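The model presented next includes obidoxime.
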Amino acid sequence: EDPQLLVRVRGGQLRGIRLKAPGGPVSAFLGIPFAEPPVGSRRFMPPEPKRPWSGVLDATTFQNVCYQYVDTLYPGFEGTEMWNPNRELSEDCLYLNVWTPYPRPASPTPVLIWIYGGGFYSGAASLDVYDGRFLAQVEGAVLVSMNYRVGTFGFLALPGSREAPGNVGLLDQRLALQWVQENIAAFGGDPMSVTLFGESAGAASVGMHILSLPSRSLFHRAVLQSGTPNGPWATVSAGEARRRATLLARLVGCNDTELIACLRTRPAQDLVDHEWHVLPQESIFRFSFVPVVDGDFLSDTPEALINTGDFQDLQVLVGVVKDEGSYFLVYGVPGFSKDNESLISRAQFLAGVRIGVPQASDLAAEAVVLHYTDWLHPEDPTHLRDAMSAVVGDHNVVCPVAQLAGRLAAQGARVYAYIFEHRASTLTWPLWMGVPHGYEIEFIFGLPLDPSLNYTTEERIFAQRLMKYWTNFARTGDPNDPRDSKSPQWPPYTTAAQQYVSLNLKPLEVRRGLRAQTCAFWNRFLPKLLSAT
Amino acid sequence: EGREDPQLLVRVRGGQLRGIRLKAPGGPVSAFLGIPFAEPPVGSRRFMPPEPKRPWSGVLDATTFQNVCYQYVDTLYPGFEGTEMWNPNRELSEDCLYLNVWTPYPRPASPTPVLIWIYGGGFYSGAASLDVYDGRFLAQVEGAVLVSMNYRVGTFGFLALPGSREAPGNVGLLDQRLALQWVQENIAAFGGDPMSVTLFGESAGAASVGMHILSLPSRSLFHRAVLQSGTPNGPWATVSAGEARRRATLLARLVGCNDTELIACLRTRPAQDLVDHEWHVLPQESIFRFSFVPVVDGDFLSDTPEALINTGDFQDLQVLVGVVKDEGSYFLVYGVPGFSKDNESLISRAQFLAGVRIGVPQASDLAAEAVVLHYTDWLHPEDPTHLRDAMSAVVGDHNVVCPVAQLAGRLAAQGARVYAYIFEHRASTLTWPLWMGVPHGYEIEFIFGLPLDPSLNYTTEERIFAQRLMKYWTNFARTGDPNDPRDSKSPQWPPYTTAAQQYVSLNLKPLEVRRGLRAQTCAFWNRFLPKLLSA
Ligand SMILES: *[C@@H]1O[C@H](CO[C@@H]2O[C@@H](C)[C@@H](O)[C@@H](O)[C@@H]2O)[C@@H](O)[C@H](O)[C@H]1NC(C)=O
Ligand SMILES: O/N=C/c1cc[n+](COC[n+]2ccc(/C=N/O)cc2)cc1
Ligand SMILES: O/N=C/c1cc[n+](COC[n+]2ccc(/C=N/O)cc2)cc1
Ligand SMILES: *[C@@H]1O[C@H](CO)[C@@H](O)[C@H](O)[C@H]1NC(C)=O
Ligand SMILES: *[C@@H]1O[C@H](CO)[C@@H](O)[C@H](O)[C@H]1NC(C)=O
């Protein structure tokens, strides 16, 4: 019995496991209940705090993954399976994990809270790419990660109802955040320096905590990687959640109370089986059950909230990877695949646009096409393929990111922006996909430091740099290395200068304007074009 | 006769002519100036198509330029060379249907390629007698036969009541065509080859050139064409029949005037009266719009230039087309608040948006907003230098560059051999401010060989470059190909194709080949903007 692996939290005692990191040991406290299991009559309901327990609770192993869809497009291919559930699926899934240095820190240590993505339909804090041991051992960080309910279980809403109020998967997150405030000092964490970080849906979730007042007393800084609360995919209107929830109910054979009661009688896979049948159009980068603009957790649309918000004493780090949209093309757009170069025709490019921008009228999709076509090389298959990925990435990530960055900067936040441009040497997806969505995470988490993983020594050095920016950001709100001099410095992003930096194997480079001309199309013109059909 | 110079006496279908021996830098040229080609379109012949000139008796003196067609005289900058160089330089009269011929001296041994110039001036102005159109250098240096004609402009040339007998419209184009017929019948008398005739013109003249290409009865009268900073397609070069009728009946109201009655009353009006009100009839506050222009009548133009270029067959034709570096700057100072020749014209963002409404007067609010969003630099959305240069570009692109690119593509796709250029050299003698770059019209003195006149103050480099451009223009006239046949060491000028979209820089440096004439931006104007009009 190691005194270092025993912790008394408010609910009772816990026993961790000493793990081996390349540099030395870390303590991990995995599978901690932070809520009552949301099972039975608690399906679709806000989480309740976990009742205290007798004895010493075994926190040496990851808990179950929230009930979700398992990917089937490329069975047994690492590039897809690396995101698939790596534990048993259960609705009993509300647990969090804590890594700390060993011995546990002498003084209060900045806390990093990770919120996974997965389109609000998938994910788990147990995936190898979210391994907290490196950040804990190398940087001295206390690292936290929670499971939150995904899919229908997290986001099925009948707005204004008592029994499916919507946004419960975000309340799961808020609860883990509260758990950290109350409990993290016992692990050596500083609850007075908490930084949220997340990628994709995790980043939009982080963005919703910025925009929801009750969340604001539970963190100090935020990192949003490749996702935003604003934009076309991260929320739905109250009317449209109602539509999709009552559609799913028809599909499984089911007065709000009557309807919800019947949905609660349904086996979990029954919900998942029909989860994708409720989207209004054939689309990609669009998810059925997502946070709803309820007038509660979200008092207005994210767009409204970022336009009028006051972000006085907030610091934010945001960025994108080089090829945000490539990954999504293989899952819906005819002519695209990982098993070849995916060289498309003009006709397939026009069809792909109607799927990547499903909300577009004829005129608006034509404006997209006429903008993304290279008029010197209009029928060139390589250009057309790359433009298709660009449409998807710009519309869904880069331009929302640029819109958020600018509003936050203008409204008194401190913002730092990046583009991640290094393609993992170990990447299993083909070259044409470039640096796809999700593929910065392994570097930020420090995975190249594990020698058995086969990364180059250059990528190990680059990981160490990224871990430093991210933890310097957590410590100080400024990602710059206070010991390093000539770097060059990473400047804050502003609406005037519009400076962001390239994260790649070369030293930092400062660039201005994150797709400025193209994003003006998406953020300024396109709305005016749709709102007159 | 018997005392006169034997080489200056020539007979044409209408009678005997006496010309003048002119001095060009390299030696003498023959010039036959103010040859009447029509009956004076005066009195009851106002607004009427031209009738061929009736034969005269005795020897007609063809030693001085004739009257300039009745027109507006520019007043923005009185005394300023930059504007005055374009103003009438002979008496204004409705009796103006005369043409000019320059040939080598003595006249050429064997039949010589004929170049026919058609002046610009928005269809409301121009004269073939302006200094910048002087044919003496092309004649002397290239051995060229050069013809230029006066045609009617403004209400006199283009006021139409489409369908009427008394004002059918397009008669200014009919003057041009009559002069092309005069060349077929009579140019052999001067050593000119009627089986090798090349039209060239700039701005409205280039539009004119383009309309002879699109008009069947003109096709038998010329063989090759040069369109310089102008096209028959685009937003300014024609109006619909309904719009012409509307403009004609307003002008009529303004001067106090059944179509016969209306026109009979216009014919009783002093020329100056019509001129005094012609600008008063445009539908919006605008620049690069002209009141009285070719009308889509279903006769001279059987359909819109757009319909005809898209569906035409241009098999047996070679075309040279191009643009200057700064097509729009000139137009700004006549109508966009915040722009002047006398300062740097740095404008605010508000002055930009207002200017876009004036430069694109046919645009809805959505369309104007598209233009503003496309041309804004979103790194520096409020920078006054960028906004100034963006404003110029909007106007240049909308009216010239994108119409030209549209034309070149259609023509090339449909049988014609096409060669394309951008003219990027700014005269060392230009009187317009630096900000205006290389304005509309400021290539013409180079094609015409003016720098060769040592009394004009061009650089030696400019003399050499002028000589180069005259070689290209005349090689094109000769052979439908601007490239020197012998000289293979010079860099070549490839044809423009839809596939490769190749064009050349014209500056003091050897030809450089570039690809795509504003391809991204002209997709906005040519492909997207029309569709946003339909909403
Ligand atoms: C540049 O010029 C524009 C036109 O104003 C005219 O020319 C100048 C020299 C004035 O002094 C005035 O006499 C004329 O009406 C102006 O609208 C514009 O403000 C000027 N730009 C600046 C900032 O000087
Ligand atoms: O019940 N869920 C059904 C379902 C959910 C999602 N999809 C499509 O999701 C596949 N997908 C995986 C990863 C990605 C991008 N990852 O970065 C995009 C799309 C199909 C069916
Ligand atoms: O009767 N005519 C009246 C009238 C005509 C034209 N305008 C304005 O046009 C003057 N202008 C001259 C040259 C140019 C461009 N030249 O390249 C643009 C505008 C005012 C009144
Ligand atoms: C790649 O594969 C898909 C389907 O398996 C196919 O539609 C496409 O034509 C292929 N791409 C290329 C390079 O032709
Ligand atoms: C050109 O230069 C001469 C000689 O210096 C000068 O006197 C004359 O006025 C100039 N002429 C023109 C055409 O401007």
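Labels below follow one simple rule: chain letters A, B, ... track the order of the sequence lines, proteins then strands, and each chain is numbered from 1. The deposited model was determined using X-ray crystallography, 2.4 Å. Numbering of ligands and ligand atoms starts at 1, following listing order.
Looking across the whole structure, one can locate obidoxime at ligands 2 and 3. Bound to obidoxime (ligand 2) with the largest number of contacts is the chain that UniProt calls Acetylcholinesterase.
The other chains with any non-hydrogen atom less than 4.0 Å from obidoxime (ligand 2) are A. Here is the list of obidoxime (ligand 2) atoms found below 4.0 Å of a heavy atom in A:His437: 17 (O). A:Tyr327 CE2, 3.5 Å is the protein heavy atom nearest to atom 13 (C) of obidoxime (ligand 2). Here the heavy atom of the protein found nearest to atom 12 (C) of obidoxime (ligand 2) is A:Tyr121 OH, 3.3 Å.
For chain A, the active-site residue flagged by UniProt that comes closest to obidoxime (ligand 2), at the heavy-atom distance given to 1 Å, is A:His437, 3 Å. The PDB lists the organism for chain A as Mus musculus. For obidoxime (ligand 2), the polar-atom distance check against A:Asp71 finds no nitrogen or oxygen pair separated by under 3.5 Å.
For obidoxime (ligand 2), the residues with heavy atoms nearer than 4.0 Å are A:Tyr69, A:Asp71, A:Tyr121, A:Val272, A:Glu275, A:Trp276, A:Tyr327, A:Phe328, A:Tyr331, A:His437.
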